[PDB]
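Triclosan:protein (enoyl-[acyl-carrier protein] reductase) complex.
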Protein chains: 4
Amino acid sequence: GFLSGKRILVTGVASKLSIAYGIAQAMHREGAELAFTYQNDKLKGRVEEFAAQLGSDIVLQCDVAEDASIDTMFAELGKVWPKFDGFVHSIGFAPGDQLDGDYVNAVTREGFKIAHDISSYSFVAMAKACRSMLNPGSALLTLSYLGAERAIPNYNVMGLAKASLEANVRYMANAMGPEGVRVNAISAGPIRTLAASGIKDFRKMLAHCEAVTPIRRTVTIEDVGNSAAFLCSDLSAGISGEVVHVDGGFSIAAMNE
Amino acid sequence: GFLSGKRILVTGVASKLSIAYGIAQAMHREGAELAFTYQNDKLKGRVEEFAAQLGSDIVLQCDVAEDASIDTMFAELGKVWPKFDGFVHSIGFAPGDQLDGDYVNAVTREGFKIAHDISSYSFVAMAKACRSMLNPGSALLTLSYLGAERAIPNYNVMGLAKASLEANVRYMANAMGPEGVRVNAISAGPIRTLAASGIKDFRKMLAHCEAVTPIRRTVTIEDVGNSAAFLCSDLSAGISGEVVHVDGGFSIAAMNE
Amino acid sequence: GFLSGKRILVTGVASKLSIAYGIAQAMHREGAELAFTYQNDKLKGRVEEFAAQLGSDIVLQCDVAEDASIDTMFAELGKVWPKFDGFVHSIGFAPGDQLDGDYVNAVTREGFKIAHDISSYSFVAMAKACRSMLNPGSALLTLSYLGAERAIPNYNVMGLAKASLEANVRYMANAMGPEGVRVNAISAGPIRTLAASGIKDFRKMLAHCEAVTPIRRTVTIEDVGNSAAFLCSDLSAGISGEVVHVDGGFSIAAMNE
Amino acid sequence: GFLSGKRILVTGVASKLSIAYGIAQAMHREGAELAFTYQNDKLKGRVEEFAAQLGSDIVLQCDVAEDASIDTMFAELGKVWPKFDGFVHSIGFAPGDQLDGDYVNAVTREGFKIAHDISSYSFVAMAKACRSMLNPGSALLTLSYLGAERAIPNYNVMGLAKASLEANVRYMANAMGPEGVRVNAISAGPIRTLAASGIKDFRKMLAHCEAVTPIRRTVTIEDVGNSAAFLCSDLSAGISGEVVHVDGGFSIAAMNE
Ligand SMILES: NC(=O)c1ccc[n+]([C@@H]2O[C@H](COP(=O)([O-])OP(=O)(O)OC[C@H]3O[C@@H](n4cnc5c(N)ncnc54)[C@H](O)[C@@H]3O)[C@@H](O)[C@H]2O)c1
Ligand SMILES: NC(=O)c1ccc[n+]([C@@H]2O[C@H](COP(=O)([O-])OP(=O)(O)OC[C@H]3O[C@@H](n4cnc5c(N)ncnc54)[C@H](O)[C@@H]3O)[C@@H](O)[C@H]2O)c1
Ligand SMILES: NC(=O)c1ccc[n+]([C@@H]2O[C@H](COP(=O)([O-])OP(=O)(O)OC[C@H]3O[C@@H](n4cnc5c(N)ncnc54)[C@H](O)[C@@H]3O)[C@@H](O)[C@H]2O)c1
Ligand SMILES: NC(=O)c1ccc[n+]([C@@H]2O[C@H](COP(=O)([O-])OP(=O)(O)OC[C@H]3O[C@@H](n4cnc5c(N)ncnc54)[C@H](O)[C@@H]3O)[C@@H](O)[C@H]2O)c1
Ligand SMILES: Oc1cc(Cl)ccc1Oc1ccc(Cl)cc1Cl
Ligand SMILES: Oc1cc(Cl)ccc1Oc1ccc(Cl)cc1Cl
Ligand SMILES: Oc1cc(Cl)ccc1Oc1ccc(Cl)cc1Cl
Ligand SMILES: Oc1cc(Cl)ccc1Oc1ccc(Cl)cc1Cl
């Protein structure tokens, strides 16, 4: 596969529906050696099982709300992978009350702070912590959504956090490019995952996209996984600082209704 | 003037160099009645003096880091302006250590949090607090910078905070439009102000822009003020959720060097 | 008014519904001296009448498909206005068969050529012809539509012509800025005009926009006219090469349905 | 390879420096069966030789300025490939006088017409002609440049033609997606090719990009070729209507100087 010889860390697997799960599958298929993190014990079991199926026994705990947790996870990873080739950041969070109803009425200073901290700061927090461990030719990848570009009902403060994240991708790419590290994002279309259930009326968003997307279907975690594998491989050596839309063309059409 | 009959609150005046000062001047010239806020006692004197020169005696303290301070300022403003027509948000902040050198090395969880809280959350915090006091036809305005769209050396975490702010403009415009409130931003080119001195090599950024901007000069607080007055007036009734570049065309050219 | 002392040429008035008509009204209200062009004799009468109502007796024929017609019109204008302050380009055209049905099936080499020639090339053709007649501080303005940015059903080849036009705005602004000329565009939302009737299902586009636009109404030629007056005045001295959306926020929202 | 079983037509090979040459090499490496076109006899020899080295004996003449030439080439291709999986459009042209100096002074109605006809219309002209021959799952690809988005000195009218081309990509993707065809573009950074020598001061553009691009080197035809192979493969099934920047991050940074 085109990922043979690469060692990549994958965050965010919570279930078989997880976008990170589709990404891990595609990268394994292409020959990458993988390592996984899990947020807490509530998820340790499932992640350990999935990692086994994908030939990996490197499963480490990591809660990105804490600098100490990130530093410890990398010190542990370093015992087996003193150097590696990048990681996939597939993590997002905002308190549930933030994602329902009128945005101005729903947002709070605390909800805003947590959404940006976990959904955007954590990406550069991880890069800071493992910077000296990355091989030249390494690639970092995060996942965004159209809500960063347009106002979407109910997505609310997560939209602002994703806009901060896309800017993060550009500043990170500009800072780390000289040492040989590329940084990109995939702006994925709507997919039924555990976290998606937290967005009010998500099922309605899904049906709408299916009807108006140029390719006439919503994307799958396999579609996203294949794109992620490409973006973390040497085949995309000429691409950095980019937000690639993997939504079947939904965002470039208007009034298809 | 085209602002006759409008009552507008202006935040951010710190000196005669302040963009908010140029905005206040232009709005006064066009007939608006004004009210001003000041961050702390270190600035109370200058703001009181400027307000007098512009025919206003409404000068209130307001530190947007605190919900209580925002609520109190509006309760006080309500004693004289039970209803009004919008406000100008010209406030930004990030700890100084954040704006020097390599972005990944300089950014910290705390610096990131403060930058987003003061530079982006505060805009919707103010709208939440005065929502019931706005007249139909009201307009809110904030100030952004190109760093939200492109990676610019030294601007660092402020770029991410401005990206969150531009997204804020869109979600706010979408939420408040039905009740008759418009929300926009001006992305201004570089101008020598007090805060600008905190950006490493700002004088270099200024000279560069002057040489490559299509109109061959950097913009002034008068240029920005005139645009702000238009965007807060009924003359721009058809514009909401927009980020207008007032940088002399700098951002739409490349390689003019 | 803020246009006092300015001499502006207005193209494209075909009826009282014309966007150019709303623009002429607003500029006259703000004090500008105006001059008008008309495409052919089929329209001469109406334009002569409107010009009179707006205190102007400068009404010249000009068909932008011909270089000779443009050169002659300016030589004639020069007899009364040896120098002037800019013009409004409110002209578009594509053969009717191009605007109905599947884009790939409808487009032809000839339809494509005519659409780009009349809708985009004509803007720089006029600037080339009157370049030596423009006063420093002059401003040129054209009208675009969201179809330049997103694929919209039935708009078809006009979308490509508008994309070429928006690029034209940037190259023109970059080339003419050093001599003191600004160039911008307004991307207007849907408005019932004579030309609009040529777009299949235009009435459907109008109703849809009204329902999902943040300000909850479609824009009027007065909204566009007011913005145009501002953009051609010295109040927008800091703005060049920009495409300003005057569509009530329609383009920055998604899934409001 | 991930292109095994795909039959792709490649246009634009003129020499070993050609972007189309790098694309053909990468696609051959990944298992695609290829076919090539050549503009005229001046190029027939070189193309025949290259095609042989890549295991292909399908080399057909095609000048996209003529509808008849396009129809004939496809009728001939149909004798060997009654159905196929897409094509690569790597064709551009504008008269040389258009690419030197001030844009407004250099552009002519004829130069503008030819630039748009050959550089943008030809892409949809080819799709129209072979539409019934494409297998479900097919993908079309064209090559663009940053000049479509920003004003770049000397690129002049080609910038407008590339803006029309990027819009073409979106309208084509929207029209053909329902039948299973994806359409995308790669916006490549500067590369020394035969056509590049026609741009005044191209060597200066190249050195500048090398110094300020995040990855600190200009991209190669191999970088572009690898991205093109991915975008024409089933691995990018979730991507359509997109313009992917393969310029090492150059466009997302500002003032790196
Ligand atoms: N689902 C969609 O339609 C969609 C669309 C675009 C983007 N995304 C993005 O894709 C990513 C993955 O989401 P998903 O839909 O696969 O959801 P998911 O619920 O399968 O995964 C989200 C993951 O975030 C992790 N997470 C949350 N807080 C964390 C913390 N403090 N520390 C460590 N991990 C934490 C969870 O443990 C979980 O594995 C997110 O960035 C999301 O915003 C999803
Ligand atoms: N100066 C430039 O070139 C430029 C370019 C683009 C945008 N801007 C933006 O314009 C706005 C005004 O900046 P400026 O350059 O006029 O600077 P300035 O230093 O004159 O004004 C900044 C203001 O922010 C206020 N402020 C900071 N923290 C605050 C808090 N907690 N509560 C209340 N007020 C607080 C200060 O008191 C001060 O009045 C900012 O949003 C800035 O990001 C400036
Ligand atoms: N109507 C809308 O909803 C809308 C939305 C966005 C942009 N626009 C743009 O606004 C401009 C004005 O359109 P409108 O809707 O007011 O239509 P309209 O039919 O009132 O005006 C179009 C004008 O184009 C002129 N014209 C066409 N070919 C010409 C030629 N060869 N030479 C000289 N003049 C020529 C006509 O004479 C007419 O005055 C166009 O650029 C159009 O694309 C309209
Ligand atoms: N070279 C760069 O730095 C760069 C950057 C971005 C985009 N591009 C684009 O990549 C494509 C390929 O350019 P290149 O640099 O490889 O140049 P090149 O000179 O190697 O190839 C250009 C090709 O266009 C073909 N062509 C021109 N007119 C034609 C006509 N009427 N019919 C058929 N074929 C015709 C030529 O025969 C030639 O093979 C163009 O679209 C160009 O705009 C090049
Ligand atoms: O970003 C997303 C976008 C979509 Cl359409 C669906 C799910 C997404 O992911 C999340 C949404 C809300 C929260 Cl609280 C956490 C996550 Cl991970
Ligand atoms: O956003 C800005 C952009 C520029 Cl070019 C100059 C000054 C700016 O404003 C600030 C920059 C840094 C900090 Cl700490 C605070 C503020 Cl108000
Ligand atoms: O650009 C437009 C956009 C809209 Cl929504 C409505 C009308 C427009 O203007 C035209 C549309 C088609 C043709 Cl043939 C000519 C013109 Cl002037
Ligand atoms: O688009 C291009 C962009 C760059 Cl930076 C270099 C070469 C390019 O390609 C061309 C440029 C001019 C002409 Cl006349 C023809 C072609 Cl193919």
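Chains: lettered A, B, ... by order of sequence lines. Quick note: numbers on chain A are straight from the PDB entry, i.e. 2-258, in order. All residue numbers given for chain B refer to the PDB entry; the residues shown span 2-258 in order. Following the PDB entry, chain C residues are numbered 2-258, in order. Here chain D follows the PDB entry, giving residues 2-258 in order. The figures here come from the full heavy-atom set of this structure, side chains too, leaving out hydrogens, waters and symmetry mates. Remember, it's 1-based here, ligands and their atoms both numbered in the order they're listed.
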ask   = In terms of chains or ligands, where should one look for triclosan?
value = ligands 5, 6, 7 and 8
4.0 Å heavy-atom contacts of triclosan (ligand 8) by chain = D
message = Under a 4.0 angstrom heavy-atom cut-off, which atoms of triclosan (ligand 8) come close to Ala95(D)?
response = 14 (Cl)
ask   = Which triclosan (ligand 8) atoms, with their elements, are less than 4.0 angstrom from a heavy-atom of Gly93(D)?
value = 15 (C), 17 (Cl)
query = Looking only at heavy atoms of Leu100(D), does any of them come nearer than 4.0 Å to an atom of triclosan (ligand 8)?
reply = yes
key: Contact partition for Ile200(D) relative to triclosan (ligand 8), non-hydrogen atoms under 4.0 Å   = side chain
request  = Go through triclosan (ligand 8) atom by atom and flag the ones less than 4.0 Å from a non-hydrogen atom of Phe203(D).
outcome  = 5 (Cl), 6 (C)
For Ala196(D), atoms of triclosan (ligand 8) separated by under 4.0 Å from a heavy atom = 10 (C), 15 (C), 16 (C), 17 (Cl)
query = Among the heavy atoms of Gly199(D), does any lie under 4.0 Å from an atom of triclosan (ligand 8)?
reply = no
query = atom 13 (C) of triclosan (ligand 8): which protein heavy atom is closest, and how many Å away?
reply = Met159(D) CE, 4.0 Å
query = Hey, does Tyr156(D) come in under 3.5 Å of triclosan (ligand 8), counting only N/O atoms on both sides?
reply = yes
